[PDB]
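Report on the following structure.
Here is how names work: the chains are called A, B, and so on, in the same order as the sequence lines, proteins then strands, and each is numbered from 1. Indexing begins at 1, ligand by ligand and atom by atom, following the structure's order. Technique stated in the header: X-ray crystallography, 2.1 Å.
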Number of protein chains: 2
Amino acid sequence: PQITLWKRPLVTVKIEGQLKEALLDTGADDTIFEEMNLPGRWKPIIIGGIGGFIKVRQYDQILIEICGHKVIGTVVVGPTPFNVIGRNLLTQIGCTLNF
Amino acid sequence: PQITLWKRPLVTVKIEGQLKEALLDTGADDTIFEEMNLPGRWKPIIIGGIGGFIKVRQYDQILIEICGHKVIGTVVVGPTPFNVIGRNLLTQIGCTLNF
Ligand SMILES: CC(C)CN(C[C@@H](O)[C@H](Cc1ccccc1)NC(=O)O[C@H]1CO[C@H]2OCC[C@H]21)S(=O)(=O)c1ccc(N)cc1
C-alpha cells in the first residue's frame, strides 16, 4: 500500500487480540501504545519527546499484526496521545519514504 | 529518493540561508525547528507531544529547500530536540509511505 500524507497515517492493527489504530511514525525510534496488558516481563523505562519525558513499561517480542503483515518487537506502554509504530517495527514491514 | 528506516530519516535542508538537518516525520502534523530567526510576524502558540506541551513561535510562508526541493509553509520555532519536517510540508514534496 502507498500512503499519502494529507491526513494522519493511521492504520488498523491487532495486538494481543485487541484492535487498535496506530500512527505510522518515521520520527519515532520506538513503538509506544497507551495503557494495556502484554505478555512477558517488563522493565520500567523513560521516553522523551517534544514536550518532556514520560514513564513507561517496556515489553520485548510483542506480536503486532499491522494492516495484514506480522511483526514482533519491543512495544512500550505508557501515556501517549497516539499509538505509534516507531521505526523498529516499520523496518520489519519494509516501510520506506518516497519522494 | 527512496528512504529506508533502519536509521533516522534525516535530510539536509536550507532554510533562511541556514543549513540544517531535519527529520522526515510522518507522525508530525506540522514543522518545528530549533531556535532561529525568520521573516515575517509570528503568533505565539503551543504544541503538544509525548511528554507535554511547549510554547513556540509560529511563522507562515517560510521557504525550505529540502534535498533540492523547494516548499513554503508554516514553520514552528521552539525547544524541540530535533528539527522536524511534518506533514504540512511533506505533502508538498510528494512524500509517501510505502510497504
Ligand atoms: C506525539 C506524536 C503523535 C507526534 N510527534 C512526532 C513524533 O515523530 C516525535 C518526533 C520527535 C523526535 C525526536 C524527539 C522528540 C520528538 N517522536 C517521538 O515522540 O518519539 C519518541 C518514541 O520513539 C522515540 O523516538 C524519539 C523520540 C521518542 S510530536 O513531536 O509530538 C509533533 C506533533 C505535532 C507537530 N506539529 C509536530 C510534532
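- The drug occupying ligand 1 is darunavir.
- Within 4.5 Å of darunavir (ligand 1), most heavy-atom pairs belong to the chain that the PDB entry identifies as Protease NL4-3.
- Other chains near darunavir (ligand 1) (heavy atoms under 4.0 Å), by letter: A, B.
- Close to darunavir (ligand 1): B:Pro81, with a non-hydrogen atom less than 4.0 angstrom away.
- Looking only at protein heavy atoms, the nearest one to atom 31 (O) of darunavir (ligand 1) is B:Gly49 CA, 3.0 Å.
- The protein heavy-atom contact nearest to atom 13 (C) of darunavir (ligand 1) is B:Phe82 CD1, 3.5 Å.
- The atoms of darunavir (ligand 1) that sit less than 4.0 Å from any heavy atom of B:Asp30 are 35 (C), 36 (N), 37 (C).
- Protein heavy atom at the shortest distance from atom 24 (C) of darunavir (ligand 1) is A:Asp29 N, 3.4 Å.
- Every atom of darunavir (ligand 1) with a heavy atom of A:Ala28 under 4.0 Å away is listed here by number and element: 8 (O), 20 (O), 23 (O), 25 (O).
- At least one heavy atom of A:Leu23 sits less than 4.0 Å from an atom of darunavir (ligand 1).
- Using 4.0 Å as the threshold, A:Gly48 has a heavy atom nearer than that to some atom of darunavir (ligand 1).
- When only interatomic distances are considered, the shortest N/O to N/O separation between A:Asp25 and darunavir (ligand 1) falls below 3.5 Å.
- A:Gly27 O, 3.1 Å is the protein heavy atom nearest to atom 17 (N) of darunavir (ligand 1).
- The shortest contact between atom 29 (S) of darunavir (ligand 1) and any protein heavy atom is with A:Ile50 CG1, 3.8 Å.
- Counting heavy atoms within 4.0 Å, the binding site of darunavir (ligand 1) comprises A:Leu23, A:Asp25, A:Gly27, A:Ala28, A:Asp29, A:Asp30, A:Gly48, A:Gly49, A:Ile50, A:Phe82, B:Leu23, B:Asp25, B:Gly27, B:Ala28, B:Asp29, B:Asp30, B:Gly48, B:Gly49, B:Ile50, B:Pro81, B:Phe82.
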